[PDB]
A.B. asks: 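Model shown: HIV-1 protease + tipranavir.
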Protein chains: 2
Amino acid sequence: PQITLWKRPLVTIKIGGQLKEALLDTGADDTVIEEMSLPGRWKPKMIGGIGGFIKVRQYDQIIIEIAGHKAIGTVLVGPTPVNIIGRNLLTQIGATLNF
Amino acid sequence: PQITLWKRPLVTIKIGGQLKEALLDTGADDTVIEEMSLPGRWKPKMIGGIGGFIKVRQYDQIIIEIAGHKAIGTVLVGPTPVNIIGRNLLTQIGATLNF
Ligand SMILES: CCC[C@@]1(CCc2ccccc2)CC(O)=C([C@H](CC)c2cccc(NS(=O)(=O)c3ccc(C(F)(F)F)cn3)c2)C(=O)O1
Ligand SMILES: [Cl-]
Ligand SMILES: [Cl-]
Ligand SMILES: [Cl-]
Ligand code: NA
């Protein structure tokens, strides 16, 4: 689609068998999801943004469906105030900024 | 332009006659830039990001060039890891997210 930015660019995702709402965020290096269980191994990570840093769990090789488009990559899980799809997965669905 | 997301979407902005680098961030409602002098009065605001909330100074009706496009709108000044152009000015420059 072509998404205008008059409102927050929220889309439905599917991750870990669960349907969720998430924010498409061109400013985020990484994808970070509110607390949930994911299979496989993880390791701890600290990531920074406005407000400072949070500790998250880093799960690699996780498949997510974003607005109908399948991608795989690293997903971080931790106390983010909103689910965020960042550049590591936006590239895989061919997202661009256009003006 | 069409900007892909394999790297951070950094562009040149001009504010107050000074060139700066800023991040185009579709996950940001607002534009927040690092400490600098702006003209006029300011109002208080608190904004949230992934690490919690920060206090900023809100300046309205500020002239700012973004990647060669003119905008005139609200700029928040406060502690921020990078200068962020959010949706309030991305809409002024006609930006959309496409996939
Ligand atoms: C101005 C607030 C912006 C935002 C708002 C989130 C939000 C939305 C709705 C409701 C509540 C909150 C969105 C955003 O991109 C970030 C930052 C980047 C500026 C962010 C988001 C996601 C992950 C990170 N960490 S990171 O390691 O992937 C990373 C670190 C640094 C930068 C850098 F470019 F900003 F420097 C980009 N990415 C940061 C953030 O902290 O909050
Ligand atoms: Cl769960
Ligand atoms: Cl990845
Ligand atoms: Cl504005
Ligand atoms: Na894994």
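Chain lettering follows the listing: the opening sequence line is A, and each later line takes the next letter. Following the PDB entry, chain A shows residues 1-99, kept in their order. To match the PDB entry, the residue numbers of chain B are left as they are there, and the shown ones run 1-99. Computation of the quantities below employed the complete heavy-atom set of this structure, encompassing side-chain atoms and omitting hydrogens, waters and symmetry-equivalent molecules. In listed order, ligands and their atoms are each counted from 1.
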A.B. asks: Could you list every ligand or chain that corresponds to tipranavir?
C.D. replies: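 Check ligand 1.
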A.B. asks: What are the letters of the other chains having a heavy atom under 4.0 Å from tipranavir?
C.D. replies: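 Other chains in heavy-atom contact: A, B.
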A.B. asks: Tabulate residues with any non-hydrogen atom nearer than 4.0 Å to tipranavir.
C.D. replies: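 Heavy atoms under 4.0 Å: A:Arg8, A:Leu23, A:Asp25, A:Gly27, A:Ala28, A:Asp29, A:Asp30, A:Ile47, A:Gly48, A:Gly49, A:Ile50, A:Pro81, A:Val82, B:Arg8, B:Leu23, B:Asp25, B:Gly27, B:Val32, B:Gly48, B:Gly49, B:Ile50, B:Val82, B:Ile84.
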A.B. asks: Taking 4.0 angstrom as the limit and counting only heavy atoms of A:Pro81, give me the atoms of tipranavir inside it, by number and element.
C.D. replies: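 The list of qualifying atoms is 11 (C), 12 (C).
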A.B. asks: Is any N or O atom of B:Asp30, backbone or side chain, closer than 3.5 Å to an N or O atom of tipranavir?
C.D. replies: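 Checking tipranavir against B:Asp30, no N or O pair falls under 3.5 Å apart.
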A.B. asks: Out of curiosity, what organism is attached to chain A in the PDB?
C.D. replies: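 Per the PDB, it's Human immunodeficiency virus 1.
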A.B. asks: Write out the residue and atom name of the closest protein heavy atom to atom 4 (C) of tipranavir, then the distance separating them to 0.1 Å.
C.D. replies: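 Result: B:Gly27 O, 4.1 Å.
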A.B. asks: Name the residue and atom that form a covalent bond with tipranavir; answer none if there is no such bond.
C.D. replies: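 Covalent anchor: none.
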A.B. asks: Numbering the atoms of tipranavir from 1, which are under 4.0 Å from a heavy atom of B:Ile84?
C.D. replies: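 Once the distances to B:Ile84 are compared, the set is 19 (C).
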A.B. asks: Would you say A:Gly48 has any N or O atom under 3.5 Å from an N or O of tipranavir, going by distance alone?
C.D. replies: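 Yes, A:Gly48 has an N/O under 3.5 Å of an N/O on tipranavir.
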A.B. asks: I want to know if tipranavir touches A:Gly49 in the polar sense, i.e. an N/O pair below 3.5 angstrom.
C.D. replies: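 Such a contact does not occur with tipranavir.
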A.B. asks: Report yes if B:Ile50 has an N/O atom closer than 3.5 Å to an N/O atom of tipranavir; otherwise report no.
C.D. replies: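 Min N/O separation from tipranavir is below 3.5 Å for B:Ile50.
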A.B. asks: For each nitrogen or oxygen atom of tipranavir, which protein N/O atoms lie closer than 3.5 Å, and how far apart are they, rounded to 0.1 Å?
C.D. replies:
| residue | atom | partner | partner atom | Å |
| --- | --- | --- | --- | --- |
| tipranavir | 15 (O) | A:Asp25 | OD1 | 3.2 |
| tipranavir | 15 (O) | A:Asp25 | OD2 | 2.6 |
| tipranavir | 15 (O) | B:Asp25 | OD1 | 3.4 |
| tipranavir | 15 (O) | B:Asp25 | OD2 | 2.6 |
| tipranavir | 25 (N) | A:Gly48 | O | 2.9 |
| tipranavir | 27 (O) | A:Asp30 | OD2 | 3.4 |
| tipranavir | 28 (O) | A:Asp29 | N | 3.3 |
| tipranavir | 28 (O) | A:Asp30 | N | 3.1 |
| tipranavir | 28 (O) | A:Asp30 | OD2 | 3.3 |
| tipranavir | 38 (N) | A:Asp29 | N | 3.1 |
| tipranavir | 38 (N) | A:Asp29 | OD2 | 3.4 |
| tipranavir | 41 (O) | A:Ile50 | N | 2.8 |
| tipranavir | 41 (O) | B:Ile50 | N | 3.0 |

